[PDB]
Amino acid sequence: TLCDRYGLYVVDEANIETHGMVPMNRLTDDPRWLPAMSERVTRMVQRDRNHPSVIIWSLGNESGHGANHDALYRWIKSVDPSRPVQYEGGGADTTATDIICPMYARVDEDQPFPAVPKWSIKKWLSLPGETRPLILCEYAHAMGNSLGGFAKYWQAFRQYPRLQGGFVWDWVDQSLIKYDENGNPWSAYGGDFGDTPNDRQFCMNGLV
Amino acid sequence: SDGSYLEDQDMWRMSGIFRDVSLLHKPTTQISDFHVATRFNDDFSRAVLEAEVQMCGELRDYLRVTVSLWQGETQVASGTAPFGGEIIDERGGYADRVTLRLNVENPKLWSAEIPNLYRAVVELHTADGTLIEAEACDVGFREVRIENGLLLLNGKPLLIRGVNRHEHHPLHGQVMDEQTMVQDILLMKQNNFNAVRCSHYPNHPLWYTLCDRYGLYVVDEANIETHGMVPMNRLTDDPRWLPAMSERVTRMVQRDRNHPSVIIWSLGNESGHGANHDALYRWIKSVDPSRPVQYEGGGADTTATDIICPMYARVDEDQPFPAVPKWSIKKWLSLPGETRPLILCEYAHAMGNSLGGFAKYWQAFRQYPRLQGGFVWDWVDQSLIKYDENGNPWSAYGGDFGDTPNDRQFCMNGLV
Ligand SMILES: OC[C@H]1NC[C@H](O)[C@@H](O)[C@H]1O
Ligand SMILES: [Mg+2]
C-alpha cells in the first residue's frame, strides 16, 4: 500500500529457498515437494495481484533449477499474463525466467564456474540466441566499508539499452541489540547469543 | 567514362591495358559454363559433388559429358550422362544442360589451416568415346554458413585474422605478376594472417588459385564505389544506374563461383545504401546460396548484409554520428533485435607509426563468441618510385607528379 502511494516498483518473491541442500535442486526437482512449493507461489499471487506497485513476480531464491520451477513459472503466466516472471536459480538464464537476472556478475570480467558460469554482463547480453533484457537481482555487496567500483556498473547501465539496472545487496544491516553490565546497548551479530554454528558478521550487509 | 562514376576507390588513378591479353580456340560444339557444388551429412563424413554443365552449338543424340574427380593420381569418383535437365516448369527443361552427382566417402576437407584440393575434369565426348574438349578446376570440400548468429566453416566458428590488400607495385603500378603475389601470400601466412579482403574490386584470376593452394579465406568484392557523390547514395538509389551496377556484380559471381578460397561475396564499398543494393543482394542469395553476402555502406547493418561489418568501430567507445552511428563493437552485438555475427571489414588504420591499441581488439575478439575478427587496413603502402638528378630512386606519394588536387601521404597505409 505504501509503495503504491509513494511510488516504488516492487519485485514480489515466493517464500522458497533451499540453499543448504546438496545439490541445491534436491527438493525442487522432486515431484513429492511440488504440492508444498505450489502453495507458496499460488497463495502469494492470489493475495497481491491487485497492487499497481508490484511489477514482477519472483519464484524464490537459490533453489537450483528443477522441473517444479518450470511448472510454477507456467502457472503464473497463465493466471496473470500482466507481469513478467523472474528466477535467478540454476544459472540465471533458464526457461523459468523472462529476464536474465544474475547475482554479482561483473561488468567486464568473466567468472567461468562449471555448470553455472557468471559471464560479465556486457558479454551475457550477446551470447548466441540470447534476446531477454538483463537486470541484476543482486549486485554490489555492501558489507562494511564497500561499494568500490559502483560507478562502473552505472556507466554500463547507461550505455547499453538491454542492461536495465539492478538491486543492490542490501538496505539495512541485520544486527541485534544486547545490553552490557551497566545496561549500555551494543550492536550484536552471529555468535553473540551462544548460537552455534553461526556465520559471524556476514549478516551485516546494509547501506544503513 | 561513365564507368568512372562507379570507380572512386582511394588509390592512384591510372589507365591502359594492365592485365593479360589472350586468344582462345574452342570447337563449335563446346562446354560454355560449368558449376561445382558440395553438400554434406551432419558430421562431414559423406559428401555429394554436384556438377552442372552447359553446352553451346548443335545438340546431337551421341553427345555425352563425363565428370571425374582426382586426388593426386587416384580417381576417386566419376559419372557420365547425355544432355537433358529435369523438368523445371510447364514448358519442360534445359535440353542443353546436364547435372552429374558424384558420391565421395570421407572427403578431405579444405580450410586455410589444411588446404586439401581435388581435381575435377569435365569432358565433352561422343558415345563411342572420341573427346571433343575438356575443362578442369581445383575443388575444395568445405561448407560456409551462418547458424545461430555465428559464421561456421565445416561446422566450427571462424576467427578471421584478415588484411585488406590492393594490387600495387611501386615500379609497375597496377600490373600484378605471379612472383609478387607469391611473395605477399608467404609474408601474410608467416605473420599469422588467414584471410584477405580484395579491396575493392575483383583481382587478377591467378590470385584465387594461389589462395586455394596455400590456404587463405578470400572476400571477393564488386568494383562499385561512389564515395565522391553527395549524398553517397545518389547513384545507387537511382534505377537508371541499376543496369551498370548489376553487370559489375553478376559477372564477378559468374567468373569466381567455383574457387574454394572465396567464402564471402561483397557488394562494393562506400556507396551509401540504395534500393539497387537490396536487389543485388537478393540476386546473389538466389543464384549462389552457398556463401554469405556482406556490404558495409549505409551504416554497416542494413538489409543488404548477412554480417554486421563496420569500419573503424572502437572496442569500448561509441561514435554517435547522425544517421550512420558507429557503436562500439561490444554494444552493437546486443542492440534490441540484433542476431548477426560482427566482422570488421576495416579496422586498426596502419598509417605510418601506428597500430596502438591493437591488443584491445584481440582481447575482445577472443572473449565474445559473435565478434569473429576483422581485416586490418591495410597490407602494402601505395607509394611510387621517382628518380633524382643522379638517378637515385626515392618513394613518392600524392602530389609528387604535379597531380592536383591530391591527398598527399594518405595513400600510404600499409604494414609493409
Ligand atoms: O585509408 C582510409 C580507408 N578508409 C576506408 C576505405 O574503404 C579505404 O578504401 C580507405 O580509404
Ligand atoms: Mg573511399
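The chain called A is the first sequence line; B is the second; the pattern continues. Numbers in chain A track the PDB entry; the residues on display, in order, are 400-607. Going by the PDB entry, the residues shown for chain B are 192-607, listed in order. As the structure lists them, so they are numbered: ligands from 1, and atoms in each ligand from 1. A restricted portion of the entry is shown here, and the contact count covers that portion and nothing more. Any value given below was found using the heavy atoms of this structure, including those in side chains, with hydrogens, waters and symmetry copies removed. Determination method: electron microscopy, 2.3 Å.
Lab note: of S-thalidomide, 1-deoxygalactonojirimycin, JNJ-26990990, 3-deazauridine, drug at ligand 1 is 1-deoxygalactonojirimycin. Measured by close contacts, the chief partner of 1-deoxygalactonojirimycin (ligand 1) is listed under UniProt as Beta-galactosidase. With a cut-off of 4.0 Å on heavy atoms, the other chains touching 1-deoxygalactonojirimycin (ligand 1) are B. The nearest of the UniProt-listed active-site residues in chain B relative to 1-deoxygalactonojirimycin (ligand 1), at the least heavy-atom distance to 1 Å, is B:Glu537, 3 Å. At a heavy-atom cutoff of 4.0 Å, 1-deoxygalactonojirimycin (ligand 1) is contacted by no atom of B:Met542, backbone or side chain.
Residues flagged by UniProt as binding Na(+) in chain B that sit under 4.0 Å from 1-deoxygalactonojirimycin (ligand 1) (heavy atoms): B:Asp201, B:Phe601, B:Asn604.
The proximity of B:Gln200 to 1-deoxygalactonojirimycin (ligand 1), defined as any non-hydrogen pair under 4.0 Å, does not occur for either the backbone or the side chain. Per UniProt, the Mg(2+)-binding residues of chain B include some within 4.0 Å of 1-deoxygalactonojirimycin (ligand 1) by heavy atom, namely B:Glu461. Interface atoms of 1-deoxygalactonojirimycin (ligand 1) facing B:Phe601, defined by a heavy-atom separation under 4.0 Å, are 1 (O), 2 (C). Ranking protein heavy atoms by distance to atom 10 (C) of 1-deoxygalactonojirimycin (ligand 1), first place goes to B:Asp201 OD2, 3.4 Å. Among all non-hydrogen protein atoms, the one lying nearest atom 3 (C) of 1-deoxygalactonojirimycin (ligand 1) is B:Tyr503 OH, 3.6 Å.
Scanning all protein heavy atoms for the shortest distance to atom 5 (C) of 1-deoxygalactonojirimycin (ligand 1) gives B:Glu537 OE1, 2.7 Å.
The entry models no covalent bond from 1-deoxygalactonojirimycin (ligand 1) to a chain.
Residue B:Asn460 touches 1-deoxygalactonojirimycin (ligand 1) through its side chain alone, judged by heavy-atom distances below 4.0 Å. The closest approach between B:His540 and 1-deoxygalactonojirimycin (ligand 1) falls below 4.0 Å for a heavy atom of the residue. Taking every heavy atom under 4.0 Å from 1-deoxygalactonojirimycin (ligand 1), one finds B:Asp201, B:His391, B:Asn460, B:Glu461, B:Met502, B:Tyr503, B:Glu537, B:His540, B:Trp568, B:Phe601, B:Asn604.
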